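Entry overview - Peptidyl-prolyl cis-trans isomerase FKBP1A with rapamycin in place.
In what follows, chains are A, B, ... by sequence order, proteins preceding strands, each numbered from 1. When reading the values below, keep in mind they use all heavy atoms of this one structure, side chains included, and skip hydrogens, waters and symmetry mates. Counting starts at 1 for both ligands and their atoms, in listed order.
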Amino acid sequence: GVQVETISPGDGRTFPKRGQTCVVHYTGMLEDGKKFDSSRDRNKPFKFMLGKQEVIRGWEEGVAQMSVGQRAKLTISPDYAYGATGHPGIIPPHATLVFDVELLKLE
Amino acid sequence: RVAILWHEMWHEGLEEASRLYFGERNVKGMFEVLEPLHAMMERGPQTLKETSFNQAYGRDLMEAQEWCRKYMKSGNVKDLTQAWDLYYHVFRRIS
Ligand SMILES: CO[C@H]1C[C@@H]2CC[C@@H](C)[C@@](O)(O2)C(=O)C(=O)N2CCCC[C@H]2C(=O)O[C@H]([C@H](C)C[C@@H]2CC[C@@H](O)[C@H](OC)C2)CC(=O)[C@H](C)/C=C(\C)[C@@H](O)[C@@H](OC)C(=O)[C@H](C)C[C@H](C)/C=C/C=C/C=C/1C
């Protein structure tokens, strides 16, 4: 599964409809808080279209739950992420990942 | 050889390359489907369309290549990502 826990709420009616572009700011870290990637360090929002299997599954189902403005922590079990194979050099096998993601805007 | 815009050529090249690396963990394949595209660039814009695209996206795609070269020398894999940051930027702009 994927676990969403509000850090800061949005309007709670403007959800990303399948096929929109989510502009978001995230910091990703491994379970222990070890940061691996953040768009906020580059000072540059990440964009992706929701539904096109463009991102990992915990993101697909996680971000679909979010409304514009909302900031959330996603706890994504390896099944809904990079699995047993990981992504070599950055995400190890089986890793439970935590994402802090804020949904800036839909386009 | 065949007629195709550098636009279409790079769009589907970048998409295929990314799927091979990210999706299949095939860093051998992604170099295969990327080296050709880079080869053309290094040879020359012939038409006006290939000229302007080169003015727009030539620099980024070049730097992306140096990052891949850097990966080849160090095995770091964060060079590959700094490369794919730049590929993503040119791809996002050419849609
Ligand atoms: C340098 O930075 C990398 C991302 C880094 C690499 C390593 C991971 C730790 C990480 O640090 O991201 C990371 O924090 C992370 O885990 N992310 C990124 C943020 C969203 C969530 C997750 C993710 O899903 O990554 C994604 C993960 C790595 C792979 C995917 C997982 C889901 C699966 O369905 C896909 O199958 C193939 C692959 C990477 C992405 O978010 C990028 C946008 C998308 C893709 C590569 C594919 O969807 C591809 O499909 C062919 C596309 O359609 C794209 C648009 C085509 C163009 C040319 C490719 C662009 C390249 C973008 C690359 C980027 C920004």
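Every other chain with a heavy atom under 4.0 Å from rapamycin (ligand 1) is listed here: A, B.
This PDB entry labels chain B with the name frap. Mapped onto UniProt domains, most residues of chain A near rapamycin (ligand 1) sit in PPIase FKBP-type. Source organism of chain A, per the entry: Homo sapiens. Binding site of rapamycin (ligand 1) at 4.0 Å (heavy atoms): A:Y26, A:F36, A:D37, A:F46, A:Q53, A:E54, A:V55, A:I56, A:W59, A:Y82, A:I90, A:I91, A:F99, B:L14, B:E15, B:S18, B:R19, B:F22, B:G23, B:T81, B:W84, B:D85, B:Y88, B:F91.
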